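Here we have a structure that includes CB3717.
Letters A, B, ... are given to chains in the order of the sequence lines, protein chains preceding strands, and every chain is numbered from 1. Determination method: X-ray crystallography, 3.0 Å. As the structure lists them, so they are numbered: ligands from 1, and atoms in each ligand from 1. What's counted below: heavy atoms across the whole structure, side chains too, no hydrogens, waters or symmetry copies.
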Amino acid sequence: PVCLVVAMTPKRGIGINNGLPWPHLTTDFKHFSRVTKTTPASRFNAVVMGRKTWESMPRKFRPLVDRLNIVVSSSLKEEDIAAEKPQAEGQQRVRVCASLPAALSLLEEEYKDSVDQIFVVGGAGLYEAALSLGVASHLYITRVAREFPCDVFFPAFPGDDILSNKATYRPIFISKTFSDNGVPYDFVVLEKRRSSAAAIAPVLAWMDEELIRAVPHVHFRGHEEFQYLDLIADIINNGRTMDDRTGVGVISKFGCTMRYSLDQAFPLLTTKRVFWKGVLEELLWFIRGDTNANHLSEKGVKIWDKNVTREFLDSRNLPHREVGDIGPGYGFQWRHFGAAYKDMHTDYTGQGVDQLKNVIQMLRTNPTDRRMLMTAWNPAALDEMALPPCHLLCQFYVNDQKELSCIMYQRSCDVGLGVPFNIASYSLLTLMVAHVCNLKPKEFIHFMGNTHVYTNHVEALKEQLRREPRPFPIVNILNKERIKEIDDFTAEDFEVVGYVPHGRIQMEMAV
Amino acid sequence: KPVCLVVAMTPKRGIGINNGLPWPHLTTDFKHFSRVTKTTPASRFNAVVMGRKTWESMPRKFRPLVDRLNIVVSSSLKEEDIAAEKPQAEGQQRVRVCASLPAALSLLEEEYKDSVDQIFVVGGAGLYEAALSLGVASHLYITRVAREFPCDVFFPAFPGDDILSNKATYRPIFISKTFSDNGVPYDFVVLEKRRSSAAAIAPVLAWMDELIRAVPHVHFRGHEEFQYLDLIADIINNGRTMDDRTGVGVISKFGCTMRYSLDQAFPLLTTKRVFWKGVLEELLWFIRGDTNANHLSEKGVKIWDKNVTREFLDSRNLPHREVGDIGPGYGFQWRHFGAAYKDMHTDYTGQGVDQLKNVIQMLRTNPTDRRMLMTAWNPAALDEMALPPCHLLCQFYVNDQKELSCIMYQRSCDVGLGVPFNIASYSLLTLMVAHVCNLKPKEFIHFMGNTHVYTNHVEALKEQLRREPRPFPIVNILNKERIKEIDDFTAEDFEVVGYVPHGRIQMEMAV
Ligand SMILES: NC(=O)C1=CN([C@@H]2O[C@H](COP(=O)(O)OP(=O)(O)OC[C@H]3O[C@@H](n4cnc5c(N)ncnc54)[C@H](OP(=O)(O)O)[C@@H]3O)[C@@H](O)[C@H]2O)C=CC1
Ligand SMILES: NC(=O)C1=CN([C@@H]2O[C@H](COP(=O)(O)OP(=O)(O)OC[C@H]3O[C@@H](n4cnc5c(N)ncnc54)[C@H](OP(=O)(O)O)[C@@H]3O)[C@@H](O)[C@H]2O)C=CC1
Ligand SMILES: C#CCN(Cc1ccc2[nH]c(N)nc(=O)c2c1)c1ccc(C(=O)N[C@@H](CCC(=O)O)C(=O)O)cc1
Ligand SMILES: C#CCN(Cc1ccc2[nH]c(N)nc(=O)c2c1)c1ccc(C(=O)N[C@@H](CCC(=O)O)C(=O)O)cc1
Ligand SMILES: CCCc1nc(N)nc(N)c1N1CCN(c2ccccc2)CC1
Ligand SMILES: CCCc1nc(N)nc(N)c1N1CCN(c2ccccc2)CC1
Ligand SMILES: O=c1ccn([C@H]2C[C@H](O)[C@@H](COP(=O)(O)O)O2)c(=O)[nH]1
Ligand SMILES: O=c1ccn([C@H]2C[C@H](O)[C@@H](COP(=O)(O)O)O2)c(=O)[nH]1
């Protein structure tokens, strides 16, 4: 009964030139350190490594303190290690054996009472050995989300779908995404599968009085994507079947909340590929105050097309609107609130209230002010819009450490399709503002009104809730020096890093 | 050896009148009593104990209480009176009679060991007064009837009867949410006498695993006011200290949620008295679209006075405003969104969007619509306002059973002073709208963006947290038939039933 501890790229790479492939992952080191050391008294833990693995270690850290170090080697002897450095008091002497099966017997022989848990700690030779012999009950894996040049690899195994797209190992633990030196990563654990309260109790018994789950086997649910997945399950389990403007049926709930950290990684949902080109192109479009949808479509982003066709414009009772014109919609209200709309071709510069600019000026000069809001809802103009805004309001907030948070309120949420797009969209806006105001991005908070999954998406979502999420990627702003105002960002000023989502899922847009 | 009291009680400790129950039939209580007295962990059963008159007050079809050993403390009644009262069913226990409760407890030990699990004193004042004297009462199961009723038999006084009203001990360990039957609100409290299966997952939890609590001894926190109390405790412990517009220090968080049911009772917070006359008269003020704060002031509602002084109006750079004119504030945007403001005396009938009309109409005609929103936030008009709206947006929702829910979004939340008032104000509006649309009120959802406590309330709030909440009151709309439109409501048309708050705590308003 042994455990495998590893840090590992999506392609199972683990080393290069007898060393680590990535810059230092401090939190990984701390995690590895804690896992291999902590115990429920008299007992300590055993770390088993290979020669190359022992040798790669900086001399400062070998031998691994408070732990019975063991090396598997044919060519090195117990004296080489005893003479490599002078030993310190309070530790066991490193022991060397022919193979892993041999190295295990040594633990059964001499250390039958001293040690608690055993850990195979590297490298490819030993990990492979343990997998063959099937004594490994658990895998403590650090998924490095970025790809790195490698010559040494972790052997393939049943259930390596947790790494990338293609007696088993199923995930039982998935942590939130951490990042160090511009490298996003997280921790999984895969398991080998193949009367002070008595008085209250019966009162609870009569009170309770009356199905679908996301990745049910995953018990510790650190990953923040669980919010979205538990939110899906919830609506399907406890929603209410409604009719619709569209004619397509709906299961809905009212009043919902997720929030996402922006300091370590970016919440680009990993359980299905998010059309990021679309969120970027559209957010840029918003910020310009552009209301011509053809500018999006010509760039290969057809998200608004169905909602600006000749047919739809007339159902919405706007025969005079050119094909493409979303009326005075989201962008317009951000940049020219309450201005008199004409068409998508008109220049509205200096007109209306520039909510966006005001929000930034306030952020830069008086960040304690509680009137840092931007609204898209304009009662007077709703009829002129092709579609009333879903995400209609956002508030910004700064704390002590110059960390920026953003709340967005959405009236009507398409959970299968719209939500992950809207999460990534406003999380990006936060990064943009944070940079321009000289603030650290902290948190994005999602406030939802009518929250619904369409009945024709239900089949497809059940498939999605079997998928265990991958580590969130990092979004970087490039050209950090060139960009000084919110209007200075372009499509080329960003780079998604480490995005390894699951394959695409087709969902029809309710027209 | 330890005994449990079970009682339904009036705020003034009243339990009976005319050898009967003071209130109409409270069904959930009857269920609660039924299960708590009957349920047992195979061979055993429970014992119930009562005075002669409690046995007499009981309906014939219910006495003796099935599946329980009935025992009556009396000197006039004899055992053969009770046997020759109703034919014995096969499988039951023979009711027993004793001269005193001490003798009753003797009978339990002497003969009924190995037979009875739990013992329950079940009434009336004589026995309850007795059980407290002897000090054998381990737990008191109290149903707190919030309404006052005519009674001639009372529950004895006891240390810890502060759970009922304002003033070896009895401390709460369980407080349930409010239920109501036949216009009677009530809740359930339980008082106490004081005077590597999953272990392989726990090590990675250790380095991830990490000061002020409300009513901590209370472990079951069903009561919905715990939301507010825990929201106070969260900000204080985990909040960040900011400077302020007003100049006073602040502790804060970003955005938090609460939700309150409106089907059983009304979320008029009990742990400190809420100025209901204020909420009611202000809400009506809003509905009218009235911008003259003097109309509030002349009625004894001075909540808007410190923000319409010549001083504040001039500091807000509005010299030409008459004293009392809040500018185009909440009411005005609701009823005349976007209208060109002059002064508080102008008739604006027919100008701007009447958002409130449009919302009611959609509700009454097309309830599955998702654009049923109303906003007070109008960036073009902000500079003309005495104060930018705090609660700036609210959204409605109807489900299967024609039930109405409401969300309100509040950009800035004075947790100590304003939040309780705001919970009451939109919950009241939700009752009002439901009545006019012919709907059942279901739920009020509070989204607050920036949530804070003022540092000159921290002492007053820590005090408040020691207080445990009382049952919520029922708010009734009187003269239903007359009121057909939102404007038909007047101050007299509301009745607050069963409100028993804790003492008023003085908290000043920051200008
Ligand atoms: N990312 C991660 O989590 C980890 C990465 N690494 C990386 O991997 C590399 C080191 O591992 P790797 O290069 O695979 O070398 P290994 O650590 O697998 O050890 C190889 C040597 O050890 C002996 N050995 C190994 N396996 C066996 C076996 N089953 N039976 C008998 N002897 C055995 C052999 O000695 P002989 O030749 O005398 O027979 C062999 O030459 C480094 O680049 C390191 O950075 C290492 C540990 C963890
Ligand atoms: N809301 C609630 O939870 C409950 C309410 N009730 C209500 O309360 C009222 C009953 O209370 P109450 O009027 O006090 O009547 P009780 O049920 O206390 O019975 C009174 C009679 O019982 C006997 N008795 C009671 N206590 C003692 C004692 N310590 N020692 C000796 N004899 C005792 C005496 O009868 P004798 O003269 O024969 O010796 C006395 O006259 C009713 O109106 C009933 O509806 C009752 C139970 C629970
Ligand atoms: C929200 C939003 C912006 N919008 C605008 C928009 C307009 C009308 C809508 N109508 C409805 N009913 N649901 C929506 O989500 C929606 C979204 C979008 C519109 C379509 C797609 C879409 O067809 N899906 C993408 C997948 C993107 C993703 O994975 O998130 C695709 O490739 O087809 C995405 C976003
Ligand atoms: C929110 C709101 C409406 N308003 C308007 C209003 C205007 C400016 C404000 N300014 C600040 N800083 N905090 C507020 O809560 C506040 C509230 C209120 C203003 C004052 C009181 C007040 O003085 N307290 C009440 C007690 C109410 C309660 O028990 O909760 C009183 O007794 O006078 C209440 C509501
Ligand atoms: C510092 C993180 C290394 C690490 N991280 C995680 N998550 N799992 C592992 N098995 C390892 N190891 C084990 C010890 N090791 C090592 C290499 C150089 C210095 C110190 C230890 C080789 C890789
Ligand atoms: C309907 C619940 C009455 C009740 N509820 C609570 N919470 N505590 C009690 N002690 C009682 N009792 C006991 C039985 N009882 C009674 C039972 C049936 C009919 C009339 C009275 C007299 C009052
Ligand atoms: O960013 C968006 C845009 C649209 N929608 C969905 C929500 C609604 O299902 C639909 C619009 O219909 P109404 O809410 O306007 O009825 O589009 C989103 O979820 N997010
Ligand atoms: O209905 C209201 C009105 C005001 N406030 C409080 C919150 C803020 O502390 C203060 C307004 O100050 P600014 O947010 O405008 O700075 O008044 C409320 O909580 N509710």
Can you list every ligand or chain that belongs to CB3717? ligands 3 and 4
Which chain forms the chief contact surface with CB3717 (ligand 3), and what is its name in UniProt? Bifunctional dihydrofolate reductase-thymidylate synthase
Would you mind telling me which other chains place a heavy atom less than 4.0 Å from CB3717 (ligand 3)? A
Can you walk me through which residues contact CB3717 (ligand 3) using 4.0 Å for heavy atoms? A:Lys272, A:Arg273, A:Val274, A:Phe275, A:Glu282, A:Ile303, A:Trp304, A:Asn307, A:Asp414, A:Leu417, A:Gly418, A:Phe421, A:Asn422, A:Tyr454, A:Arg504, A:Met509, A:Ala510
Could you tell me which residues in chain A that UniProt says bind dUMP have heavy atoms under 4.0 Å from CB3717 (ligand 3)? A:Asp414, A:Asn422, A:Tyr454
State which UniProt-annotated active-site residue of chain A is closest to CB3717 (ligand 3) and how far away it is by heavy atoms, to 1 Å. A:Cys390, 6 Å
